[PDB]
Every structure is written in C-alpha cells, then in structure tokens.
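The model presented next includes afegostat.
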Amino acid sequence: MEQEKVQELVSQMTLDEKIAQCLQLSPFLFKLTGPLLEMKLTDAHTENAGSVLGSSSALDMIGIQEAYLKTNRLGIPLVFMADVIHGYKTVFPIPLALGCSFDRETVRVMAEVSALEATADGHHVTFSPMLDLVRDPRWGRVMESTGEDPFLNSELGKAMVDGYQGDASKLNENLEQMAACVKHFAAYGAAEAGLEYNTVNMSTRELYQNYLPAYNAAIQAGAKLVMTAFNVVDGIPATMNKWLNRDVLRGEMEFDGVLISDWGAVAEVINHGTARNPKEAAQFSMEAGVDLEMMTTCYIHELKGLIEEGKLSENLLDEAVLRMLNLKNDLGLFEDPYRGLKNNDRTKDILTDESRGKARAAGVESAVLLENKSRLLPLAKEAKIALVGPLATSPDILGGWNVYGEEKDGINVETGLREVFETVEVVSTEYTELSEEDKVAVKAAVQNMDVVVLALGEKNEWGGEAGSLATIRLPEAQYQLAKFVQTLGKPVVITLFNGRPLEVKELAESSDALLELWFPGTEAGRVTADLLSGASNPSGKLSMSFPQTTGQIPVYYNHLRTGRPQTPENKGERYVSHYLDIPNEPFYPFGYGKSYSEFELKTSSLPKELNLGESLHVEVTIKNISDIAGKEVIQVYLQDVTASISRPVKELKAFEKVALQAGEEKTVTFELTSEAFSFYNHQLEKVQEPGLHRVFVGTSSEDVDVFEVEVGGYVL
Amino acid sequence: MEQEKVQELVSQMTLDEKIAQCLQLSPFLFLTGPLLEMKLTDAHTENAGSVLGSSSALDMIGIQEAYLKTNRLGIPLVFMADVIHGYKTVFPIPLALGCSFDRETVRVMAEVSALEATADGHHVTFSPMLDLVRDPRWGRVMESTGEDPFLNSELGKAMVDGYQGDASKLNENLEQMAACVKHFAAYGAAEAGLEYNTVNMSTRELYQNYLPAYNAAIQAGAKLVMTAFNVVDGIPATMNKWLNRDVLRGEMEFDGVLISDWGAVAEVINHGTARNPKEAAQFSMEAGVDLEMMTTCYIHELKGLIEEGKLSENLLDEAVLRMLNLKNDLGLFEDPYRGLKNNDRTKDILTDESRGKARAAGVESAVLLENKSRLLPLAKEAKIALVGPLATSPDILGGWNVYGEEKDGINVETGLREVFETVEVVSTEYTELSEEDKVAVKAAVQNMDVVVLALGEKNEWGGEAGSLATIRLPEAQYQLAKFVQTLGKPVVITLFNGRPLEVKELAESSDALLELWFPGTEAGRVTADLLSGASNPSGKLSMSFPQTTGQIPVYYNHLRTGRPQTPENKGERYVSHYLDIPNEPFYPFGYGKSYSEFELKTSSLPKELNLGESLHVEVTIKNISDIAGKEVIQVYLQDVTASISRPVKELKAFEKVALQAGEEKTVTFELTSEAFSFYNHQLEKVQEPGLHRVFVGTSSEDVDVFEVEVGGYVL
Ligand SMILES: OC[C@H]1CNC[C@@H](O)[C@@H]1O
Ligand SMILES: OC[C@H]1CNC[C@@H](O)[C@@H]1O
Ligand SMILES: [Mg+2]
Ligand SMILES: [Mg+2]
C-alpha cells in the first residue's frame, strides 16, 4: 500500500498499540529457541503483538493470523519469522560445510530452496545468514558461520541474501522469496575461550578490519533485517550499544530496516550489568534503536511510563513502529496477510526430488578430502566394504540448527552405501564407548571384507548454541576404534561427520584416507557414497583451520608476522615465535583440500607497478592434466608488506571454483580493486597507502605462486 | 654534578657521539636475544651509551677502564642487567612471589637483589616485569605476579622500592640500583600463549587492566621503562608513537630513559611497519625510544635522517640528555665504578643472612592446595620414600636466572635429610617411567611409611620462548603419580614449576599437594620446613589453575555475561557453560590452605556512601587452632550496574596477618573512591552512582558479602 497510508497507520495507533507492535512472541502465547521468562501477558498485548517467531507449519500460521486479524483494531497483520539456517525440510549442509564449497551459486541455490519451502509453510522472514567471523572451534556455533575469512564470509553472505530474497524491492510480489535477517550484530564468534555467550573484546580497528565487513556486505546487498548479538562489544551488550546500532549500523552502514533483538537480549542487559532493571533495559535498548524485543517484556511493561515521564521521546517509538510496518508492507502483508497461501496450498513445493538433488549436489561440493594415500579412493563399485563405527547407521546427519527437517526422510550412511556397493557388512558402535563385543564384531566384518569405511563423528547436540567444548576432540572411544581398526591390516577410509574443526591428527595417521563430510543434510549417505565411489569427485577446501591441538587456538591463515617470525632459515633457533611442543602451522590450513584429479595453473604476466585507486587484473590459466573430470578452487591472496599497521601475511581477495573435464583448459580473470588493497588505519580511516604488495595465486593459502606489485604515483 | 654541566655536555657532543650514546651492546663487543653483521667501528664502541649483560665486577671495571681511557669527554658507560628474582642468592620466581601476597617479602627480595648486583658492578635491573597474565601457555608467566592488576601494582611498587629505595639518592646509596619497568605494554596477552605473538584488545581494556601496574611502578619512581616485542593495536610497541609519547611520557609523566627490548627497534621491520632500517630508526626515535638494545638502526641511520631533515636533531638531544641524566642520577660522573673501585664488595654476595631471607620468601610463596586428613605436617620421624624427577634434580632455581648457580642450591633430597632421619630416594627422569623405575619405586614405598612424590617442569620449558600449547607435565609424570597411588601409602606431591598446570589428575591421585613453584637457592629447605611444619604454608594463588588447557583464558575477575550460570538454573541448556568441563577453574585466585584455622568478621559497614568518599573496612581475625600461622585477608569490590559491563569482583585490598594460636587482631582497609572507579566508553576515569558489593574473606570464593549504595554529593 502507499507510503502515505502506512504513515497514516502510525498516526492512528494508540501508545499501547505502538508499544506492543515492538514485541515478538512464540506461537503458544497466541490463540523454544531460548529460555522462557511470568511474562504477565494479557490479551491487550497478544492482540497487538508485532510478530510471531517459530510457527510449526502453514496451518499454525493461518490459524494464528486469522484469529489475530478477527480481533486487531486497525488490520495490522503479524509478521512470521523462523530459523531457516541451512534448509527447511530438504536440509542442506551446515553453513561451515558450505563455506568449504567455496561456491557462491551452491550457497544461493541452498537459500532459494530454503525460501521456496519456508514460504510454503507460512514463513515471511529467516534468521539467516549468520555472518560471525569464527577463529575458535570450541564455540559450538562455528557450524553456522562459513568460517575464518572475512572475504569468503562476505561473499557467501551476499549469495545467501540474494537466494532468500531475490530482488528485495519486489518481496510484495515474489512470494516464494522471503526476507533475510543478518545475525548476530556484532562479533559474537569471538567469545572468550569459546564459551557460549562469553566476553568479547577487541580493538575498534580490528572490529572494523575483520569482524564487521560480512554483515556490511549483506546489509549493502539489501538484507531486510538485522538481529542484535548476546555479547558485549567493548564492554557494552550489543543490544543497548548506541554507538554500534545507531552510529555504525544505522549511520555508516545506512541500515534502515528492523533491528530485532536476539532471544531475551533486551532483558539480559540486566544480567550483563549495564541496566539495573527492566525500565532501564527498555529505555537503553529503544535509545539504541532496537525495534523488536524477542520474547521478553521490557518494552510492554515500561515504554509507556518512560514516554509519559519524558525519559524517552515517543518519536523513537514511532520510528520503530514505522520500520515494523514498512517491513510488513515490503512483504505485501497489507494486501495479502497469508502471503500466497490462503487459496493456494503449496505442500507440493516441499521436499521435492529436484530439491533433494540440489542438497545432494551441495553435499558433494562441500565435503573436504583431507587424506588419500595411494589412490585408496575412489573405491570400485565391487569393493567389499566393512562399514563400521558410530556413524555407520546413525540417522544424526542433518546437522545442528535443523528446526524443521526430519531424520526419517534423511539418508544414513549404510543406506547411501548399499545403493551403490554390492557388498557391505555393517557394525554399528556407540558414540562414546568401545566394548570387547564391538571389537570382536568389527574384527569379523573386516576379516570378511577388503576395505574398511570407518564412520566417525559428533552428535549434533555437541555443537550449535550452548554447545561449547573445551577440548576439540571426538570421544576418546572413537580414537580407540580408529587405532583398533588400524591393527587389522586392511585399507581404511575415515568418513568424518561433525560441526566444528577437530583434532584429527590421530585419525589421519591411523587411516589411509580421510574425508570430511561435516553434516551434509538430508542426502548425507548419498553424498558419502558418490564421493567414495567417484561418481562425484571431492572439490571442497577448508574454510576454517584444523588445529594441531586445542591449545593452538586461535590459529588462522590471516595472521600477523610478529617481530620474530619462524623462517626456514632460523629453524631451531630459540628466540623465534614457536611452541616447544607443537608446530606453528595448523594441522590442515585454510583453503586446503584434495581431488581425484590433478591440475596445473599458470598466472599471466602481471604489472610491476600500479597507480593508487587502480585495479589489478589477474589472469589465470588452469588445466586438468589427469584422466578424471574434476573441480579446483583457484584462490588469490594479497599481502601488504609494509603498512602503518602490521598487516596479515595473506588475505583472500578472490576465488573461483573452476570445473574441468579431463585434459580441459580454461582461463579465468579476477579484478582486485583498490579496495582489496585498502585497510583501516590507527585513526580508523579506510585507506590506501603507497608501497609493495605481494599477490599469491594457487589452490590453498599454502600452495601458491607469488608476485610483486609496487603501488604508488597518482590516484585514479 | 650540576644540571648545567650535564646540559653543557650535550652541547659539546658531536652528532656521531650523540647517536652512539643511544646504543647499548653486550660485553663481548667492547646472550638474551639473537644477534645480527653489526658493522661496528671503534668510533661506535668508544661512544656507546650502555652495556648489558656484564658477568662480574671485574668484567665491568675492565670495560669502563678501557672505555674511559678513550672516551673524548669522560662520559662513563651505564651497565644494565637482568636481575629478576635474585642475583646469586636466588629467590622464588615472581609468580611464586605473587602467591606470597606479601608486599614486604617482595621489597626484601629486591633489596637483597640490589645489594648483590651493585656489588658486581651493575647499575640497572630489567625488573620489575609487570605484564598482566591470563594465559599460562606463555612461558613468561613465571616473571609476572599473575592475573590481578591490583596485586601486580602493589607488588610492583614493592619491587621498585626494594631495588631503588629513595630514587633521588641513587648517586649516594650505592647498594641500591635503578629499576626498569617492562614490558611496555600488554606483552602477556600474546595470542594463544605463543611467544612474540599478536596482542589485541580495546583501548578501554588496555587502560582498565593492562596499564595500571606499569603506571603504579612509574609513579613510585621507576627510573627506566623497556618497550615490548608485541603490537599494540596493530603497531609494534617500540615505534608506537601514541603509546610511548601520549601515554607513557604524557599521561604517565614518565621522564626517564625508554630502552628498546632486544632488537625490537630493528624488528618493527619484521612486523611490517617499517620498510628498512632507516624507516625503523626514524619511527622509533619519533616514538621516544632513547636506547637501542643490540641493533644498529640508529647508529647507521640517524645521521642521514637528521641531515636530510626527516628527523629533528632536538629529538636526539632530548634522548641524549635523558641518558646523561640517568648516569648522573646514578652518580657516575663523580664515581664511574659506583662504589667498587677501591672498596671490594665480594663479602656482600651469597651471605647466610641473604639465604635465610630467600628461604623465608620460599615459605611465604609456596601454596598448599590439598591436605586430606592431616597428612601434613609430617612428624620428623616419618619414614619417607622420596621419589620422582625432582627428588635430586638441582633444577630448582627457576627461569630467568642469569647469575645464580646450581651448585649453591639445595635440592629436595638434601633439604629433607637435614630434617628427617629416614629417607629413601628413587630418582626418575622428567619424561620417562621405566619398568625398572617402577620396581625401585615399589620397593622404597614398601620400606617407608609416606611418599614424597617430587614432580615438575624443567625450567627451560618456560621463560622467554618457552610456550607450551598443552599446559601439562610430561605424561610420564602423571603415570608415575597414578602408579604411586596403587601402592597404598599416603602421598604428598611436591610440585615444582613456572606456570599453572593441569593438576586435577595430581590432586586426585594424592592425599596432599604442595605447589613450591621454583623457590630458588633454598628450595630443598623451603620444602623440608613446610613438610615438617617448621613453617606453615601461607601462600595463595595469584593465577587461576584451569580445569584443562581449553578453558584458557579463565580468571576470577570476569564479566557476568548475559546468561550467567546460577545455582538456580543448573544443567539448563541456555546458560554460559561448557558441555565437558565446569566454568570454574580447578583452583581459584586467592585460594590456598594452612595447617591453622582462622575466623574472620567484618565490622558494621555503612549502607550508603557519598561519591568521592572512602569506605573504611574493619576486619577482626582470630587463629582458632593450636598452630601458629598466617592468613591473607582479601577485600573485593563489585560494581553491580554500570555503563560498562564490570567484573564480578576485583581485588582492592589485601593484608597477610600473622597469628599465634589463639591470637586475635584487627586490621583496617581504606577503599578510596578510586577503587570504585573505572574507565568508561569514552575512556574517561569515572565514578558513577549506584550499588557496589563488598566481599571480605580469604579467597575470591570464601568471602562474606555486604552492600553499599553510593550517590548523593561529591567529596
Ligand atoms: O531463534 C531465534 C534466535 C535465538 N537465539 C540465537 C539465534 O541465532 C536464533 O536465530
Ligand atoms: O636481556 C634483556 C631483555 C631481553 N629480552 C626480554 C627482556 O625481558 C629482557 O630483560
Ligand atoms: Mg603497504
Ligand atoms: Mg555502578
């Protein structure tokens, strides 16, 4: 409807209505993803509630919205939000696995299928993408990030927004698309010691340099909402951090949508010690520009008094309400509140076979082949497989942050494998035990067969929100099982399922091959069977570093040099940055992964010199020199050798996953704009300095050729 | 000499002499870091400003003599040294001294340290180390007094006072020496405990927690400051103009010699914030570094910088004047040999009085962690199986022991045989447990009645560039403790180490556990007196002992978070917790045991206070046992609501109280309004009205709690 008619609705609402418009509730409070409050809610509140989160189906939505609209004075429908993180009913790989795809289109398609399905079940908004930079795999929520690189995260974040939303300015018309909500603003992933909800602290320069850019990229691509974070940012809970949410989010990032609090985050500023009571919480959150309080009541019980007493301007409340109605209008809810459903059952769009094929393709793009000694893999279709371990038959392959997908529709590893291989003998074991009976049964299966598929992994409940692990290891009984299997003298493939980097040194050393499938989602067992038999060829690269040991954390590829770097020419000298007991290198680095193919790359002649403000054009010719078709991820990194700030030894600035038939050769070009060469300085200005840069072209952060470009002269 | 004659000397120096006055070299050029080709000339070494690392009185005299024969103007060298926790008489490592909670014990260590060092010709000590530490992977935790800014501040002042005494009389008091505060700033926050690694935190947090101990040492009159190896907000400290000009010289009104850490001027290159030695030199001198340690950026580049007009020579004169003013503060222009030349002071080194002082530090600094069922003290006739890698190892002096010698130290066996009549020793290796060790251990335990299991680190596993990713003893030591437990006899573990360690397995496999750290020269007597009860353990933890490596960083002064774990939400899902460990460290800050038992009570406090007013806290303590001992009364404040999320507690006062059996005492603390203040969002030091809780007790966990509402007017 016209902007004038929306603006008129704000004029017409009472104070109590405007207040309750800023409240979101779970469906069970209308006629959980967070702890529950005595909310002292009344009909006056529920009947003017702004939003519902967590509806369980289309029927739930229609029932709630109809009842609500019978009894709402002005005809303002509810907006319905949901956690669709890595799929709705067709579950795709967890986002950390999608990070490892290095494939923007895989990520967009995931989001598009997610939206297709979620809009079918009544959902208008998804609480995705999660754009938190992660350097600490103790934290359970790494599974939700695409990993340790700002650039990759930025790029995949835009891909998710574009997939969920399409053209943002046509969400009133395109009703298989939905609104994206960027979370969690900001820097939540830096939780101290990987402990859930724990203190975050870094300098404002670092926040800008590495922690904000991905939210910013998603905002600038048109993400309709932003969600606040649970953590302090420089000592102030993000939810009532005026500087962060007014100066940065609304000012510098020019964000003009709805700012929804995370679950109880408005009330929690009390626990955090930056508000004495719900009256103070409310005032501070509304001053900071939080528009929508998720499942707490500080606003409804306190805004009136704050405004009547003059401690808060009612203009702040009117702008929140206006952003709330503008959203609803952007989704076309004033002309169709059921958003395509009312007369048109879309159950047919949910869990189609086409969608399953897309999830499966996502799986095989995202898995990461870490070891493959002696061309153990791919296996022949007639290989006789002993399939053993806690992930042989476990249906727990859909991953964390799976609110809507069902395990009964998922494909386990055994089922996946029997579709492809004629001879399979299974011995399932428990996640945390290794009994003598297990060992006898394992030994018999392995004696019968020719190759072992050892299926190891985490339960998904060991990560996600409030799934922090101090030691990033599998249960010891799984390391014992891999050590037992190894004594049996048959080649072993370990297929590892998990949601965070783990200490995998002992697994790599106890097996011939190691494949990291993360949690692929609905099609897990087929993803696994296709990669193992070679129908698909592994093409994923690590988006997060796999530490030598828990105590190496944080370790990441974009790290600073220090004043005493370890060089191969000072090996064994005492006075160098090193540990006494481990290497400085992570066990597996960012951008690392194997293939059944072999590639050669050649970078075209680059200029020695470049002007400031000028783009560097990087041309790369890649050939598949093997007889197996496959995909390689070309990666381009930049380093700034001398700067007014100590800059990282490398930073990814471009990537492209190139598909190549056997013998096939392609050329790809990359533009590194002058923004790629820029950084935040001491005074927090985004700057470009004359000087030397090194450009690295290759297939990991370690397997690269190096080139020198001198930037100076005049400015373009 | 008079200020005018100093100033005049600067006026009379040539440019090359001014440049070279800002160079410090090791004795061999007339090691505590890597060496460069320095391309040094006679003109360089004849005008050098300073020597570090002289190895005796004679070395120094030799060097000053030769040097003074060729220096054109008669400007003597100043000699600096690493005297960190002792010279020849070695005291406990500073982390152990932290656990003393005893200011006076720390001042004496420092006084004895100066007494000895000045005897060997040293004018300056690169002590105190005042880096806040929250990460025990870092080897240099041994050199800090631990995780608390206040305790570090307080003990930091104690050390400055002990080395220096009256700073205005260092030309007169020749048994005292200049202190150099290090490492400015925040070096201890190295990422993942990796040596020299990135440091990053918000400026507010730098002010709130990382800066105050350096500041307290500066205000107490520390004569020098040393730069740190790490970046601070992305810029190597050494060339960090903001840090060194604005904060150090401006806010902290520091007006002495700023010395670089070893090669740190040149290493800004590696850090990537200077292209080359000319850039390094220019930026370090801008930042106000007066003395380049054992690199040559200044020597080879200041001239060209100045002539080219990229640097003003006034910055150089300012650096030179500071150098001369130190020498003059130390009295070198009247006596270049600083009391040595005719008065030989060998007599003052390693005396028995000094030894008794180090033993005393030892018994003040050890921490008794477990003592199940009155195993300790042991009866002097107790028959002891003494086993393990620290049974006989002479490696008990600690890291950062440049000058002390192991032959003069007392090992655990020797200490023990002085007190106990029956001891059977079985020495094992630090990283192995052989079948043969086990047969020999089994037989000694069978013979005796109680096991003294002596476990520990070699000192080379910490100190500078002694980072461990996993904070555990060699697995063979935990195996040994497990084996001993199976033999059925009571076990005391005496643990020797320079860092917090995962000791849950050691506490569970033993009846008593005593943390000696590295006590120094008297280690074996320290151990023997505590075990026999001649001394009663009185140390408390100045650093938290994590449940596991993966808990790090864990510390008592932590923020609440938005979802704190409360007793009334246990095992609920949505609370800050780990799935596999508790939130609490294995042992907390301020924890430790005694063979006595104490009762405390706090007199009535006001419910309200004016802004700017002090809270006066009166505490009556009684020893209610038959055993004389000491307790450390500790007072914490919390700021329940503030414009910045504040820690759940912060230490603001402590006093170690000595009590005979039955004795009772009253001690009063003043908490000034500054103890109620903190750094805000805009980096202002502030006091806000509101509620504070006050906690009085004997650890961060064993406390009574009292509320005070601050507001009203300002005093
Ligand atoms: O369910 C809504 C939200 C709850 N708290 C954590 C968020 O990631 C989630 O979207
Ligand atoms: O030896 C002098 C200096 C060397 N580098 C580290 C410092 O702590 C030390 O005092
Ligand atoms: Mg540069
Ligand atoms: Mg307060």
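Alphabetical chain letters, starting from A, follow the order of the sequence lines given. By the PDB entry numbering, chain A shows 1-31, 39-44, 46-724, in order. All chain B residue numbers match the PDB entry; in order, they span 1-30, 39-44, 46-724. Whatever order the structure lists ligands and atoms in, that order sets their numbers, starting from 1. All values below were derived from every heavy atom in this structure, side-chain atoms included, with hydrogens, water molecules and symmetry-related copies excluded.
- Taking every instance into account, the structure holds afegostat at ligands 1 and 2.
- Taking the chain with most contacts, the partner of afegostat (ligand 1) here is, per the PDB entry, Lin1840 protein.
- Other chains, heavy atom under 4.0 Å from afegostat (ligand 1): A.
- Within the 4.0 Å heavy-atom shell around afegostat (ligand 1) one finds A/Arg149.
- Residue A/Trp409 has no nitrogen or oxygen atom sitting less than 3.5 Å from a nitrogen or oxygen atom of afegostat (ligand 1), judged on distance alone.
- Proximity of A/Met138 to afegostat (ligand 1) is not established, as no heavy-atom distance is less than 4.0 Å.
- Residue contacts with afegostat (ligand 1), taken as heavy atom pairs separated by less than 4.0 Å, involve A/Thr40 via backbone and side-chain atoms alike.
- For afegostat (ligand 1), the residues with any heavy atom closer than 4.0 Å are A/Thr40, A/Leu61, A/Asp91, A/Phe135, A/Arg149, A/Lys191, A/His192, A/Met235, A/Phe238, A/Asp270, A/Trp271, A/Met302, A/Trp409, A/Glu473.
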